[PDB]
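Entry with calcitriol: notes follow.
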Amino acid sequence: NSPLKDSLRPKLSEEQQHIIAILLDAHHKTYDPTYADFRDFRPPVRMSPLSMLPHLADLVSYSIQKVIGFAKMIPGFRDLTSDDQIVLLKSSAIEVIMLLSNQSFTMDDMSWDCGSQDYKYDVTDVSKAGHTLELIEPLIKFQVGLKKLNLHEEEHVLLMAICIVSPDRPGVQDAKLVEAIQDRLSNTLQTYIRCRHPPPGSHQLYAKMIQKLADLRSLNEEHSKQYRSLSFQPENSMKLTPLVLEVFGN
Amino acid sequence: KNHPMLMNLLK
Ligand SMILES: C=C1/C(=C\C=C2/CCC[C@]3(C)[C@@H]([C@H](C)CCCC(C)(C)O)CC[C@@H]23)C[C@@H](O)C[C@@H]1O
């Protein structure tokens with residue numbers, strides 16, 4: 001075989017395997033499947049208007065901190081300017097949180113089940129945090145469609161990293177460098193799927209995963225809209241956390 | 001725009 005023909009044969013390079021290893025570890029170190037810290041949040045109240053906002057605000061604020069910790073471990077991420085790291089996290093946080101949550105989501109009853117009845121969230125809980133079907137229905141649909149992909153954890157953490165390092169985010173300065181970082185991750189994912197995800201599950205899997213990124217942009221836009229409306233009321237904004245205000249807007 | 005807490009968590 002010619003060097004060309006042989007070079008066309010897909011192979012997970014040592015560097016690409018290394019990238020996957022780092023992202024798996026990063027996820028391990030920032031997602032607690034025991035959910036032990038939820039005790040620390042303001043208590044969930046299920047009955048009054050916005051009764052679940054304090055608890056879900058605390059959950060989300062906690063999860064933003066975890067997203068930041070994961071982002072810092074993405075190969076290339078820290079070579080970005082402080083400003084670009086900030087804009088990428090401000091814009092992606094809600095999306096990565098939606099991705100992370102797929103781990104607790106269950107299609108048994110279409111809820112996020114975090115180990116106990118107190119920490120099991122359904123569409124009614126989300127509405128009681130100030131959100132409407134315009135966000136919630138598509139969010140459930142997203143969770144269902146993602147679950148249907150039955151991603152390998154490898155693919156799950158690659159997707160989160162690709163989500164974070166997106167060059168077309170608002171406020172991005174060195175889009176060229178963000179794009180180079182993302183491309184290394186995207187190629188790693190494409191090659192992982194070809195070499196490690198057996199058919200039929202692999203069918204158009206990359207394209208399906210990129211469609212989920214597009215879905216996340218739409219969810220982000222609608223969340224931002226409802227969040228601005230929600231936070232416009234000072235009495236609501238009072239119930240949020242300082243980190244949520246800084247990241248999602250004030 | 002100043003994101004002190006984000007900036008500090010990123011250090
Ligand atoms: C967080 C995590 C979890 C679930 C995520 C959920 C379920 C409840 C509703 C949430 C929090 C959605 C809400 C639209 C976000 C509301 C935020 C705000 C009130 C500030 O506008 C986004 C993700 C959803 C649980 C666990 O998987 C850890 C993960 O890390």
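In what follows, every chain begins at residue 1, and chains take the letters A, B, ... in the order their sequences are listed. We use all heavy atoms of the structure for the numbers below, so side chains are in, but hydrogens, waters and symmetry mates are not. Remember, it's 1-based here, ligands and their atoms both numbered in the order they're listed.
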Please name the chain that forms the largest contact set with calcitriol (ligand 1), as given in UniProt.
Vitamin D3 receptor
Which other chains show a non-hydrogen atom at a distance under 4.0 Å from calcitriol (ligand 1)?
A
Could you help me figure out which residues touch calcitriol (ligand 1) at a heavy-atom cut-off of 4.0 Å?
A:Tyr31, A:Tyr35, A:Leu53, A:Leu59, A:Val60, A:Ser63, A:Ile97, A:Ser101, A:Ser104, A:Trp112, A:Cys114, A:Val126, A:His131, A:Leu135, A:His223, A:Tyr227
Within the 4.0 Å heavy-atom shell around A:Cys114, which atoms of calcitriol (ligand 1) are there?
25 (C), 26 (C)
Ignoring hydrogens, tell whether any protein atom lies closer than 4.0 Å to atom 10 (C) of calcitriol (ligand 1); use the non-hydrogen atoms only.
no
Purely on distance, is any nitrogen or oxygen of A:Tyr35 under 3.5 Å from one on calcitriol (ligand 1)?
no
Where calcitriol (ligand 1) meets A:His223 - atom numbers and elements under 4.0 angstrom, heavy-atom basis:
17 (C), 18 (C), 21 (O)
Proximal atoms of calcitriol (ligand 1) relative to A:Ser104 (non-hydrogen, under 4.0 Å):
25 (C), 26 (C), 27 (O)
Subset of calcitriol (ligand 1) atoms that lie under 4.0 Å from at least one heavy atom of A:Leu59:
1 (C), 3 (C)
Which atoms from calcitriol (ligand 1) have a heavy atom of A:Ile97 less than 4.0 Å away?
1 (C)
I need the atoms of calcitriol (ligand 1) closer than 4.0 Å to a non-hydrogen atom of A:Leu135, numbered in the order shown.
14 (C)
Suppose we measure from atom 16 (C) of calcitriol (ligand 1) to each protein heavy atom; which comes out shortest, and what is that distance?
A:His131 NE2, 3.6 Å
Which atoms of calcitriol (ligand 1) are found less than 4.0 Å from any heavy atom of A:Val60?
11 (C), 17 (C)
Report, in ascending order of atom number, the atoms of calcitriol (ligand 1) lying under 4.0 Å from any heavy atom of A:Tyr31.
26 (C), 27 (O), 28 (C)
Which UniProt domain of chain A holds most of the residues in contact with calcitriol (ligand 1)?
NR LBD
Pairs of nitrogen or oxygen atoms, one from calcitriol (ligand 1) and one from the protein, closer than 3.5 Å: please tabulate them with distances.
unit_1	atom_1	unit_2	atom_2	d
calcitriol (ligand 1)	21 (O)	A:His131	NE2	2.8
calcitriol (ligand 1)	21 (O)	A:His223	NE2	2.9
calcitriol (ligand 1)	27 (O)	A:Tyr31	OH	2.9
calcitriol (ligand 1)	27 (O)	A:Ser104	OG	2.8
calcitriol (ligand 1)	30 (O)	A:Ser63	OG	2.7

